[PDB]
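Bound state: Tubulin beta chain + Taxol.
Reminder, nothing fancy here: chain letters follow the sequence lines and each chain counts from 1. Order of appearance sets the numbers: ligands from 1, and atoms from 1 within every ligand. Determination method: electron microscopy, 4.0 Å.
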Amino acid sequence: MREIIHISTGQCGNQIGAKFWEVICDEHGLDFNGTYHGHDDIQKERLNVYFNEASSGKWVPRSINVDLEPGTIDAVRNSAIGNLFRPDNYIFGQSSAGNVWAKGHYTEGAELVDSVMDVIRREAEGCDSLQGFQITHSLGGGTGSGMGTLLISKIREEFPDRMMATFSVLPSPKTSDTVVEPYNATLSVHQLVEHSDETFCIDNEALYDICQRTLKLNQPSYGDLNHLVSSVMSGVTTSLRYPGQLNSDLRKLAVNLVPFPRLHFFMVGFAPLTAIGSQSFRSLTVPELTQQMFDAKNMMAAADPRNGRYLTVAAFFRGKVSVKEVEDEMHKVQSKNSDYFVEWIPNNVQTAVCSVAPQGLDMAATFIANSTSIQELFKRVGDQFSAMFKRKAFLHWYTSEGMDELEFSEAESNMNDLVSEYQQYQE
Amino acid sequence: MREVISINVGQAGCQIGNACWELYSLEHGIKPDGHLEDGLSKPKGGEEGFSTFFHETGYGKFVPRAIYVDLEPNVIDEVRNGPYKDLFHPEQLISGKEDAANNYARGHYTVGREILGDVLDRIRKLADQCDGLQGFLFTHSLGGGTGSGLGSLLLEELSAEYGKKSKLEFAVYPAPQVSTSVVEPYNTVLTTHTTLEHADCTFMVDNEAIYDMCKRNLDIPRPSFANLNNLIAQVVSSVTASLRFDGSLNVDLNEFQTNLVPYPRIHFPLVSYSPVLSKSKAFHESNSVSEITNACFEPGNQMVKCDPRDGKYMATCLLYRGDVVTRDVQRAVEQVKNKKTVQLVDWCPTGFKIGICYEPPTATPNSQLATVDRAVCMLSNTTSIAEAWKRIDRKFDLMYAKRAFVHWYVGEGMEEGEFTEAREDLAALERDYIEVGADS
Ligand SMILES: CC(=O)O[C@H]1C(=O)[C@@]2(C)[C@H]([C@H](OC(=O)c3ccccc3)[C@]3(O)C[C@H](OC(=O)[C@H](O)[C@@H](NC(=O)c4ccccc4)c4ccccc4)C(C)=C1C3(C)C)[C@]1(OC(C)=O)CO[C@@H]1C[C@@H]2O
Ligand SMILES: Nc1nc2c(ncn2[C@@H]2O[C@H](COP(=O)(O)OP(=O)(O)OP(=O)(O)O)[C@@H](O)[C@H]2O)c(=O)[nH]1
Ligand SMILES: Nc1nc2c(ncn2[C@@H]2O[C@H](COP(=O)(O)OP(=O)(O)O)[C@@H](O)[C@H]2O)c(=O)[nH]1
Ligand SMILES: [Mg+2]
């Protein structure tokens with residue numbers, strides 16, 4: 001379990017997926033052309049995790065970019081990063097599905113399937129033993145929602161003992177840009193909690209709040225939003241490609257964070273948040289990074305963590321850190337904020353100390369927890385889905401392809417059963 | 001006797017195990033490259049030094065008998081890139097391609113049995129080269145899947161093949177206060193269910209207690225795992241100090257299981273390292289006989305998060321090293337017994353096994369410990385150890401009453417009723433630990 005295959009689905013997944021490889025190549029010192037720049041003993045020995053050793057000393061990633069918009073792939077290969085990806089994994093279509101879940105699931109998304117699963121079997125034979133699959137999709141579109149959920153059911157069918165760590169994008173309940181978003185988000189959870197072993201809740205509303213408060217960025221664009229997401233995706237698989245004191249595997253983050261198969265929605269986070277210019281005014285210490293992880297203004301979710309109760313928390317301290325300062329500052333938060341942690345599990349947060357440091361920052365830390373406050377985001381989507389289903393609005397766009405009124409009732413019923421289980425363990 | 005086989009498994013086994021051989025090479029003057037430079041003869045690196053732990057091969061080289069078996073390649077591959085890469089044989093390192101994480105079910109039934117057929121062949125070929133094998137040495141880590149699952153599986157297969165072998169163990173019990181894992185109490189009850197019915201002596205150490213022995217005593221501002229492994233390595237070196245050298249009272253490993261473990265069960269001794277002094281206060285200490293002896297029973301110098309004053313002492317074992325007087329040992333222990341705090345049992349009239357060692361120990365350069373003239377090792381068995389086992393049981397009853405993490409064990413190959421039998425065996429051990437200790 002040392003090779004990780006990353007797959008990007010949809011236009012939103014391609015913008016975040018392609019930007020994710022730019023940060024990975026910078027840590028290991030890989031040029032955007034193919035020839036490696038600087039190799040060390042802690043980086044060259046772990047190049048097989050996200051890259052493959054081809055010919056003439058060329059390292060190419062195993063990214064699988066599948067979408068239904070030709071303008072998305074053509075906008076990446078013509079830049080200055082498409083030379084690293086193999087020109088054999090980009091699989092697109094002619095027609096676009098738009099924001100319809102029924103098109104990319106069995107209508108327009110059913111045209112590929114065999115072509116997408118063909119490149120997956122080729123990468124499994126070239127590697128020794130697979131580990132996980134990082135699928136980056138979104139909830140609200142047509143390709144990332146319709147075809148993104150169908151690909152998860154096909155990988156688990158052929159690889160039942162493989163991890164399915166997906167980075168889904170949850171809708172924002174504060175002024176959305178689409179209309180048929182609850183219809184594409186409700187049907188996505190019905191196919192996500194039945195195959196994916198773990199997922200992460202990320203919304204776009206909490207991204208603009210961070211750039212306008214801590215980062216102090218005047219009118220952030222779509223490029224700056226990918227930096228906060230790629231930093232969390234790269235901060236999870238740190239002990240797999242770098243040694244450390246208390247390492248952690250992808251299966252370790254599932255046993256210690258998923259108490260019940262129906263409860264696997266996590267809350268991502270990162271630290272610190274130093275603005276441009278205030279570098280000397282901020283001290284990078286262990287107690288400073290701890291307060292930034294348990295704060296409500298630094299979370300990538302639209303839910304309030306103070307209202308709910310925490311269950312399983314996972315911390316990842318990187319850089320020149322000491323285990324003594326980690327275990328001390330961790331107990332002070334649990335002892336002071338005892339009302340936020342449930343007494344049913346005395347071990348709500350574990351320790352994962354790393355030894356390497358990112359290129360630039362001296363001390364980095366991320367926050368991953370599975371509190372009971374995640375049910376608030378599921379209630380806002382359920383209220384908007386039930387209000388539009390009563391009037392039968394925007395229904396002919398799905399029933400004309402092959403949908404039925406029985407499938408929408410089963411997807412809505414599963415949304416109420418998930419929220420009902422979070423209230424039982426919360427008490 | 002002669003040779004002693006050392007086995008290091010798990011995450012803590014591969015880290016602390018490297019610090020044990022680092023101290024052994026400094027006391028015997030063994031070059032890390034695998035030579036005999038700086039030593040020649042003398043008991044500090046001669047015929048009495050090459051025997052035990054290490055092994056004499058050809059071309060003037062000396063390789064140890066350590067067998068590093070870890071289910072994570074991110075730890076074994078790091079040791080190969082370090083300076084201590086020429087000591088042990090390259091074939092002794094057996095890595096894996098599937099991380100068992102911290103799950104006891106995978107490292108005992110699925111992943112634990114994939115390498116079980118290969119680890120038994122290395123021990124069999126190594127035991128044949130030992131002209132008179134004494135016992136074994138294990139380094140467990142209760143809190144994961146490799147140091148708990150593979151460790152309990154290897155101990156069961158090794159006890160059935162041999163039997164009459166001093167199978168030592170230096171496990172690391174979880175801290176009763178700050179924990180490091182979520183499914184940590186699950187890997188603790190399942191480990192003690194098979195450790196009691198196979199192992200003969202399991203030295204327990206607490207990671208939280210070492211933090212107190214370095215911040216208040218050593219005054220270390222930022223202690224890490226590089227300093228915790230040095231204190232535990234000095235404890236293992238103090239037990240086998242009478243066998244690897246000379247002294248007035250030679251103590252064998254078979255004597256630790258007689259004067260401390262009279263019953264077939266109950267074999268969980270504690271540890272309290274006394275020579276704990278920093279380099280800044282090295283000129284403000286007398287290091288007398290009665291001063292170091294009184295520091296053994298102090299809770300501040302104990303490597304186990306427990307209060308021995310609330311309980312009663314059953315059987316102690318002191319290991320005096322360096323240059324000490326035989327008459328001063330019998331007088332310093334008598335003063336402690338007359339304090340009316342030890343609370344000796346009625347059957348044992350003494351219970352203070354002493355062990356005078358003539359070879360003075362040393363300290364690792366990566367620590368704040370100076371070269372002392374004497375060292376005292378405390379290996380006692382108190383009745384307050386059941387208090388630490390009670391706190392672990394309380395954390396297991398809360399997670400089992402509502403079925404917290406259960407599907408991770410049943411889906412791999414473990415019956416749900418196994419947790420009930422393991423809890424009943426742990427509860428029966430704690431019940432008999434207080435009933436016998438109340439009138440011993
Ligand atoms: C003069 C100087 O030291 O400038 C720093 C800097 O001022 C600060 C504020 C940087 C700066 O980062 C940001 O402002 C930022 C912007 C969007 C999203 C996230 C951060 C920096 O832009 C980011 C840049 O980061 C890197 O160079 C890392 O290698 C980083 N790289 C990227 O994210 C990256 C950006 C563009 C293109 C390619 C890569 C990285 C981190 C983790 C893993 C891989 C790479 C650094 C240290 C700085 C500047 C340049 C000002 C900080 O961020 C990082 C990631 O280091 C923000 O807080 C830290 C602290 C740094 O000191
Ligand atoms: N004091 C100390 N403890 C360690 C060290 N390395 C590992 N540990 C132990 O490892 C535990 C952390 O859990 P894990 O990362 O899963 O390690 P593990 O319990 O040995 O399980 P595996 O990693 O599968 O071997 C801690 O509770 C420690 O007791 C170390 O270097 N020093
Ligand atoms: N955070 C973030 N969200 C994005 C980005 N690009 C698109 N999105 C989200 O994706 C949604 C649109 O999805 P869309 O591209 O139409 O899906 P598709 O038709 O299947 O490709 C919008 O609601 C955005 O919120 C990005 O760069 N960052
Ligand atoms: Mg390990």
Original post:
Which components of the model should be assigned to Taxol?
Top reply: ligand 1
Original post:
Which other polymer chains sit within a heavy-atom distance below 4.0 Å of Taxol (ligand 1)?
Top reply: A
